[PDB]
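Chain lettering follows the listing: the opening sequence line is A, and each later line takes the next letter. Using the PDB entry numbers, chain A covers 46-71, 77-261, 280-374, in order. Here chain B follows the PDB entry for its numbers: 46-72, 77-262, 277-375, in order, are the residues you see. Every number for a ligand or one of its atoms is a count from 1 in the order of the listing. Determined by X-ray crystallography, 2.2 Å, according to the entry header.
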Amino acid sequence: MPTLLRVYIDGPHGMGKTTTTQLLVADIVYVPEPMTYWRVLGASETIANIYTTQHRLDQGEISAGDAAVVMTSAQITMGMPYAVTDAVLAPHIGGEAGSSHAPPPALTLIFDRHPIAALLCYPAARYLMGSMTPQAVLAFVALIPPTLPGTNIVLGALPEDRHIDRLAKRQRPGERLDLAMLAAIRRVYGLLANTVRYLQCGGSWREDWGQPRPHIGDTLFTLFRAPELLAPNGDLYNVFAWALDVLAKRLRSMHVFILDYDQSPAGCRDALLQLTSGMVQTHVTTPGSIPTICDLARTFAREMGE
Amino acid sequence: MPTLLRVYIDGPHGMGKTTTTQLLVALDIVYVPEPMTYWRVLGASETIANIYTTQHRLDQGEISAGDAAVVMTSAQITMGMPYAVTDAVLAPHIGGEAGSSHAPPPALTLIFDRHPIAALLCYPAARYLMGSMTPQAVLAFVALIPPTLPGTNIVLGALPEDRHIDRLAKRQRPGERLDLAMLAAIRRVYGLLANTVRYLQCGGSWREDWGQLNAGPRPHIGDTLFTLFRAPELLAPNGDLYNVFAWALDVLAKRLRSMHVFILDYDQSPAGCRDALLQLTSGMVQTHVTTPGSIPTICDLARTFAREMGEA
Ligand SMILES: Nc1nc2c(ncn2COC(CO)CO)c(=O)[nH]1
Ligand SMILES: Nc1nc2c(ncn2COC(CO)CO)c(=O)[nH]1
């Protein structure tokens, strides 16, 4: 059975993931950011609506409950392309193919972002701005797809000042340079990194909730000590406790790697290739699995990629 | 090797589903209620009053399509979370099919009030059909529909419209208001779901039948859920569904293909719907469980869900 290697380039925006990922491409397909869906197919300038609303909230022109609706709905438009792609690609994914110290894959897929970014990370960041309710965030987490084998997540490490410099240059249409959002999102990713490691080292959130591997205070679980989620006595409602169970299960089998972005696109692209050797690949489930994938990828890039 | 039996009583609101379910449980059996408490206090405040009010405002002409849709799609993610987690926490326990149609009796029977697709597809569609939501968003939800676990027996129910209406005109749901337009929309939507499931089981293909827009003969695609997704919005100038939307429909057929749909007529006495549903139950697929200790676990979380989100 042929082997596939999927790589999800993910992390906060404005670090040049794209600029480097293209330089890697132009055995390998690259699934681009679904801009056309965000700007036209799914709605109409979602990115702008998102940033405006936060801004209008940031100025008091509208309420935090009103901003919450709009913020939650948009996130539904922002993450769909990732959901369909994962639901359709899941049947073809077999099981771990003795990753590392193995052979070179028949096909490498570089996705631009994983469904958790739109389902977990950004909404988390949006709550942290007072635009999203923690209940709504937990609603998206409950809907997070089971973790297929070989999910390699590449997150980025960039110094603030440098991320503030690149960010400014690469502004999506309708996007405003919200530095707080920049800060909330990098925190979220930092914690996401810590969580997967906390989990992979045997961490039980339920055991530590009363507050080697990271300490729970340094994991996504910290944000769930929100007054809205607890009973009149502080007991986490079970509905939310269970969602957390799901979160914990989804993340621990994820394979995460770090790409130092503080460098030239050549450097970035070079490194990204390096990381590829420690990555987990998988056996396609069938002969026609490979070519079927290629077309999902190409048909995607072609229709949504902007 | 113990076996589990799961039954999801779905269908439109106002037919007497809760009662029959309550009755059936009174005759082991575990009942997973309607997380009403999550719907009006825990998850968001008085979500039902919102849904119904907002559609009303939309209808009266005090709200615009975008304004309402934005409000309706948030309300839906809220309404569905309980079912979503329940499914995900249940999931790791469900094992392979076992069978009931002339097979032994389960160790546990879970009667769930509704199924996730209620929140993630039927109602959303009805609202799209009401103009308070968009096909794209309905499709976004469809993409998030959890994978179907084996032995998912879905009981849908019937009642003539006229009796459905008087039945609705009576027992007042907190926050609801007799929106007859919605009632019919919801009935068509669950009608099509029955057909879709049957359409897909009779070998039918949507792509193969796109150009045309068992428990009886094979249904005309135009009688299945798919017929709802022929809206300009989802159309490429080439006349075909943009792939995005077309892949959403591929999942909708993967999800509904392995469900076991059963119809229970609610045009009868409560004791009878009970007995009637007690009958359908004889030939409902069973599943084994993965860890023997799944029975106690499944049993306790079913009770926890009830004590925290029920009745309200
Ligand atoms: N899912 C989600 N993504 C968001 C959001 N804000 C910003 N992004 C993603 O960043 C943009 C550019 O600002 C494209 O990379 C948001 O609220 N939700
Ligand atoms: N998810 C969702 N559920 C709805 C809606 N309208 C009604 N219900 C559910 O019916 C209520 C009372 O009418 C009890 O379940 C709606 O727009 N979305």
Participant: Could you check ligand 2 and tell me the drug name?
Facilitator: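 Found there: ganciclovir.
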Participant: What would UniProt call the macromolecule that lies against ganciclovir (ligand 2) with the most contacts here?
Facilitator: Thymidine kinase
Participant: I'm curious which other chains are hanging around ganciclovir (ligand 2) with a heavy atom under 4.0 Å away - can you tell me?
Facilitator: B
Participant: What makes up the binding site of ganciclovir (ligand 2) if contacts are defined by heavy atoms under 4.0 Å?
Facilitator: B:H58, B:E83, B:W88, B:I100, B:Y101, B:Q125, B:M128, B:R163, B:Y172, B:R176, B:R222, B:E225
Participant: Enumerate residues in chain B that UniProt marks as binding substrate and that sit less than 4.0 Å from ganciclovir (ligand 2) by heavy atoms.
Facilitator: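 A heavy atom under 4.0 Å occurs in these UniProt residues: B:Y101, B:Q125, B:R222.
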Participant: Quick one: which ganciclovir (ligand 2) atoms are inside 4.0 Å of a heavy atom on B:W88?
Facilitator: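 With B:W88 as reference, the close atoms of ganciclovir (ligand 2) come out as 14 (C), 15 (O).
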Participant: I need the source organism for chain B from the PDB entry - what is it?
Facilitator: Herpes simplex virus (type 1 / strain 17)
Participant: Give the numbers and elements of all ganciclovir (ligand 2) atoms closer than 4.0 Å to a heavy atom of B:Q125.
Facilitator: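 Atoms satisfying the 4.0 Å criterion: 1 (N), 2 (C), 16 (C), 17 (O), 18 (N).
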Participant: Name the ligands and ions, other than ganciclovir (ligand 2), that lie under 4.0 Å from that drug.
Facilitator: none
Participant: Which ATP-contacting residues per UniProt in chain B have a heavy atom closer to ganciclovir (ligand 2) than 4.0 Å?
Facilitator: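 Going by heavy atoms, UniProt's ATP residues within reach: B:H58.
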Participant: Please provide the UniProt active-site residue in chain B nearest to ganciclovir (ligand 2) and the shortest heavy-atom distance, rounded to 1 Å.
Facilitator: B:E83, 3 Å
Participant: Provide the residue and atom to which the entry gives ganciclovir (ligand 2) a covalent bond, if any.
Facilitator: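 Here, no covalent bond links ganciclovir (ligand 2) to a chain.
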Participant: List ganciclovir (ligand 2) atoms under 4.0 Å from B:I100, heavy atoms only on the residue side.
Facilitator: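 Under 4.0 Å from B:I100, ganciclovir (ligand 2) has these atoms: 16 (C), 17 (O), 18 (N).
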Participant: Closer than 4.0 Å to some heavy atom of B:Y101 - which atoms of ganciclovir (ligand 2) meet that?
Facilitator: 6 (N), 7 (C), 12 (C), 13 (O)
Participant: Give the atoms of ganciclovir (ligand 2), by number and element, whose distance to some non-hydrogen atom of B:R222 is under 4.0 Å.
Facilitator: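 With B:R222 as reference, the close atoms of ganciclovir (ligand 2) come out as 12 (C), 14 (C), 15 (O).
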